[PDB]
Undergrad: 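Before my questions: this is rupintrivir (bound form) bound to 3C-like protease.
To find a chain, count down the sequence lines: A is the first, B the second, and so on, and within it residues start at 1. Any value given below was found using the heavy atoms of this structure, including those in side chains, with hydrogens, waters and symmetry copies removed. Ligands are counted one by one from 1 in listed order, and the atoms in each one are counted from 1 as well.
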Number of protein chains: 2
Amino acid sequence: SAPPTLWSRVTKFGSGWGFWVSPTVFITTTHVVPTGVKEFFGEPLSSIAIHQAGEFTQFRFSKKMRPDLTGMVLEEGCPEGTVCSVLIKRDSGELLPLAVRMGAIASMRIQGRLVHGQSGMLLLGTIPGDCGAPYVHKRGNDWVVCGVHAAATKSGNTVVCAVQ
Amino acid sequence: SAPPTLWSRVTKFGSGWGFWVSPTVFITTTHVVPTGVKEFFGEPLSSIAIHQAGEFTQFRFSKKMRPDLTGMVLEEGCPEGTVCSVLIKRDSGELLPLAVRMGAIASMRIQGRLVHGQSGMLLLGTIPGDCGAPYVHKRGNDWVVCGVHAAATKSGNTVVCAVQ
Ligand SMILES: CCOC(=O)CC[C@H](C[C@@H]1CCNC1=O)NC(=O)[C@@H](CC(=O)[C@@H](NC(=O)c1cc(C)on1)C(C)C)Cc1ccc(F)cc1
Ligand SMILES: CCOC(=O)CC[C@H](C[C@@H]1CCNC1=O)NC(=O)[C@@H](CC(=O)[C@@H](NC(=O)c1cc(C)on1)C(C)C)Cc1ccc(F)cc1
């Protein structure tokens with residue numbers, strides 16, 4: 001089970017969620033980012049370092065936004081067969097950790113866009129507001145984040161996280 | 001260390017917090033409850049059974065609001081000497097559990113009103129926005145909630161939870 005502090009990194013953002021990797025680094029999927037705004041979390045966009053590609057968006061703020069957190073390891077996906085937890089927060093406050101057996105890392109075309117992602121099989125599914133939720137796993141003594149929720153098939157049995 | 005599901009019961013409400021004891025029962029303190037609203041969590045006030053006893057307020061909703069939750073043990077305070085955790089969330093999303101060594105249950109005047117509460121000694125103090133946070137402890141294998149945060153002395157050393 002993921003520690004409470006790890007869940008506390010999952011933050012409402014735009015039309016979904018994002019995740020604090022460190023006091024200054026926030027990750028989410030590109031579709032949930034709000035547009036037509038001049039600030040994120042009260043910080044002007046010109047003050048934020050941004051890397052956005054393949055449906056993965058990373059922000060690095062110029063001040064400590066979550067000084068309570070330790071910077072954790074972000075990896076580009078995980079080994080095939082890893083069982084990740086998708087840390088889904090629902091608007092009720094429910095915490096819904098979904099177990100996913102991860103498959104291949106690949107570039108895919110989803111609704112006409114290039115996603116650099118990893119597919120996995122859900123072990124009762126994700127919904128539109130869940131985009132941005134982190135995929136995490138425990139390696140030895142440390143938690144690792146390796147993607148953010150981006151898509152699922154119509155049946156709902158398969159999910160895709162964007163990776164960086 | 002409280003599990004994530006226990007933290008997920010801590011819910012922003014009014015000027016502070018409240019706590020889901022069960023899918024239908026929500027507790028908070030009287031001073032946190034907002035006036036001039038027509039709804040709580042989308043439910044009209046007239047559809048909720050609201051019980052106020054001194055500084056303790058409980059809502060019983062007529063629909064399942066948190067059907068993910070099991071109903072837990074709500075006790076009228078705890079044994080003297082128990083070290084509780086007060087499950088405080090701060091505005092950033094930071095989790096700030098505070099340890100409190102509990103003292104006596106009593107009827108005490110706080111700002112002119114006789115409150116049924118349990119005092120304790122904090123072991124980085126509490127702030128106005130923390131009212132309604134739950135006082136919890138683990139008894140054997142089960143977590144127990146025994147009050148909600150209501151007050152603190154000017155010095156900050158003594159806290160009071162309202163009990164029912
Ligand atoms: C701002 C709008 O976007 C959002 O709402 C983000 C939240 C939802 C979450 C989905 C929503 C439902 N269940 C879920 O888990 N995501 C999407 O809708 C994505 C599309 C799908 O999930 C589709 N899946 C595939 O095409 C698909 C193909 C494969 C493989 O896996 N999924 C449909 C389920 C809509 C949006 C998207 C489009 C192009 C991309 F580059 C990347 C993403
Ligand atoms: C609208 C106000 O609502 C709120 O903000 C609720 C949150 C704060 C949290 C305090 C705020 C600061 N640090 C804290 O932890 N609570 C209070 O302010 C309470 C008053 C006190 O804390 C006072 N304490 C005592 O009198 C007192 C006596 C003993 C014993 O312990 N505390 C003062 C700290 C203001 C409000 C109250 C009044 C009459 C009652 F029936 C019962 C409660």
Undergrad: Which chain letters or ligand numbers go with rupintrivir (bound form)?
TA: ligands 1 and 2
Undergrad: List the other chains that have a heavy atom under 4.0 Å from rupintrivir (bound form, ligand 1).
TA: A
Undergrad: What residues line the site of rupintrivir (bound form, ligand 1) at a non-hydrogen cut-off of 4.0 Å?
TA: A/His31, A/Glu55, A/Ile110, A/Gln111, A/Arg113, A/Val115, A/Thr126, A/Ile127, A/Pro128, A/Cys131, A/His149, A/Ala150, A/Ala151, A/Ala152, A/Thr153, A/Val160
Undergrad: Could you identify the single nearest non-hydrogen protein atom to atom 3 (O) of rupintrivir (bound form, ligand 1) and state the distance to 0.1 Å?
TA: A/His31 CB, 4.0 Å
Undergrad: Could you tell me whether some N/O pair between A/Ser15 and rupintrivir (bound form, ligand 1) is separated by less than 3.5 angstrom?
TA: no
Undergrad: Only heavy atoms of A/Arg113, strictly under 4.0 Å: list the atoms of rupintrivir (bound form, ligand 1) that pass.
TA: 41 (F)
Undergrad: What does the PDB entry report as the organism for chain A?
TA: Norovirus
Undergrad: State which other ligands or ions come closer than 4.0 Å to rupintrivir (bound form, ligand 1).
TA: none
Undergrad: Give yes if a backbone or side-chain nitrogen or oxygen of A/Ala150 is under 3.5 Å from a nitrogen or oxygen of rupintrivir (bound form, ligand 1), and no if not.
TA: yes
Undergrad: What protein heavy atom lies closest to atom 33 (C) of rupintrivir (bound form, ligand 1)? Include the residue and the distance to one decimal.
TA: A/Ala152 O, 3.7 Å
Undergrad: Closer than 4.0 Å to some heavy atom of A/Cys131 - which atoms of rupintrivir (bound form, ligand 1) meet that?
TA: 6 (C), 7 (C), 8 (C), 9 (C), 16 (N)
Undergrad: Strictly less than 4.0 Å: does any protein heavy-atom distance to atom 18 (O) of rupintrivir (bound form, ligand 1) fall in that range?
TA: no
Undergrad: Please could you name the atoms of rupintrivir (bound form, ligand 1) that A/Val115 approaches to less than 4.0 Å, counting only its heavy atoms?
TA: 40 (C), 41 (F), 42 (C)
Undergrad: One pair per line, please: each N/O atom of rupintrivir (bound form, ligand 1) matched with every protein N/O atom under 3.5 Å away, atom names first, then the distance to 0.1 Å.
TA:
unit_1: rupintrivir (bound form, ligand 1); atom_1: 13 (N); unit_2: A/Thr126; atom_2: O; d: 3.4
unit_1: rupintrivir (bound form, ligand 1); atom_1: 15 (O); unit_2: A/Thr126; atom_2: OG1; d: 2.5
unit_1: rupintrivir (bound form, ligand 1); atom_1: 15 (O); unit_2: A/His149; atom_2: NE2; d: 2.8
unit_1: rupintrivir (bound form, ligand 1); atom_1: 16 (N); unit_2: A/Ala150; atom_2: O; d: 3.0
unit_1: rupintrivir (bound form, ligand 1); atom_1: 22 (O); unit_2: A/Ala152; atom_2: N; d: 3.2
unit_1: rupintrivir (bound form, ligand 1); atom_1: 22 (O); unit_2: A/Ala152; atom_2: O; d: 3.4
unit_1: rupintrivir (bound form, ligand 1); atom_1: 24 (N); unit_2: A/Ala152; atom_2: O; d: 2.8
unit_1: rupintrivir (bound form, ligand 1); atom_1: 32 (N); unit_2: A/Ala152; atom_2: O; d: 3.1

